[PDB]
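A quick write-up on the structure given underneath.
Counting begins at 1 with the first residue of the sequence. Structure determined by X-ray crystallography, 2.7 Å. One-based numbering, in listed order, for ligands and for the atoms of each.
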Amino acid sequence: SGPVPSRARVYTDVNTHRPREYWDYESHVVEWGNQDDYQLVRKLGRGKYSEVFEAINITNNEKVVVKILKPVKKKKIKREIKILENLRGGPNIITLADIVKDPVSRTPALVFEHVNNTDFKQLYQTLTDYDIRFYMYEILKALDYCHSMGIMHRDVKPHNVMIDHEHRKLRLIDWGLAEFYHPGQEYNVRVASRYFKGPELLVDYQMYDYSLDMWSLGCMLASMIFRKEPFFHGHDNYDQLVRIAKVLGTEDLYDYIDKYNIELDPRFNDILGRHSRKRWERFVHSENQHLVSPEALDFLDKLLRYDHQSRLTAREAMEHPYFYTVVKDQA
Ligand SMILES: O=C(O)c1ccc2c(c1)nc(Nc1cccc(Cl)c1)c1ccncc12
């Protein structure tokens, strides 16, 4: 009978109501600067499809970041650029400063705003209960903004959240997997990073939406409040669902599969087994208790749901009691 269709509960038709130039990124004309305006200082890291460098803009001595793209479809480069241009100036969204090309190799590169980041592997262990609430609220500002702008990030994870802790400044980076939400579209499920993949990706339910990012956020929150990084530690995409099922239980998983008429891959039948929904208190211990509260657990419970439609939206999440003290302090 095929899967049951799904629509986002919020910002459903935002792209339909915009001119085609907004979302038809393949038609976007890119104007490439000369990479000679930037002098590379050092390599910061290598990605799946990019090499990132710290650089200096020789014209004004500003420190920037240059993301040299490895060859990918021109379609995909135009998508990242168009999304970054559409989101530019939005709350906690990384700023695309320039688009250049090396004169010799012709390799395209994206120039970004520099953030003085403290890596999550060093930062998260130092965060107070207030800090987690504060930064979660900052991520929510970025997500509600991009979702309102008709964009799903599709790769929310600690590496993609650059935090200048000294200045309490946060930027959501790496828009390379981001996509425009169009109601009825069947998207690629080979997105996000394993540990942050929502159950919709794991069961191959393609008609997903912005709510995908809310699952990923919930994975981040659970790792922060429980000091268990990553929270769901699967060995592969199949075992990832098993790890989730051992916490959220199998009853709701099978109800989700039923509701959407999802044809489940036959290997899941043997590996999923039967598991009760675990109480969040089972993850609380002497070393993380100070980060856990009834508000944190209620909020986490409302993000970590199989049914993507039942998760809090970024706007609903911002209104949660977990953030009452942050919201008070920001006024
Ligand atoms: O991709 C983007 O959108 C993107 C955008 C901005 C930054 C970035 C990636 N990666 C950075 N650093 C980084 C750190 C570790 C490994 C790698 Cl590969 C990169 C970085 C640092 C400071 N300011 C901005 C950025």
Q. Which drug or candidate compound lies at ligand 1?
A. silmitasertib
Q. Which macromolecule does silmitasertib (ligand 1) make the most contacts with, named the way the PDB entry names it?
A. Casein kinase II subunit alpha
(Q) Would you mind pulling out the UniProt ATP-binding residues of chain A that have any heavy atom less than 4.0 Å from silmitasertib (ligand 1)? (A) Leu44, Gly45, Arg46, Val52, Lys67
Q: Tell me which UniProt domain of chain A holds most of the residues near silmitasertib (ligand 1).
A: Protein kinase
Q: Please provide the UniProt active-site residue in chain A nearest to silmitasertib (ligand 1) and the shortest heavy-atom distance, rounded to 1 Å.
A: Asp155, 9 Å
Q) For silmitasertib (ligand 1), which residues make up the site at a heavy-atom cut-off of 4.0 Å? A) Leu44, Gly45, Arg46, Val52, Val65, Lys67, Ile94, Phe112, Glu113, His114, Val115, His159, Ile173, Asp174
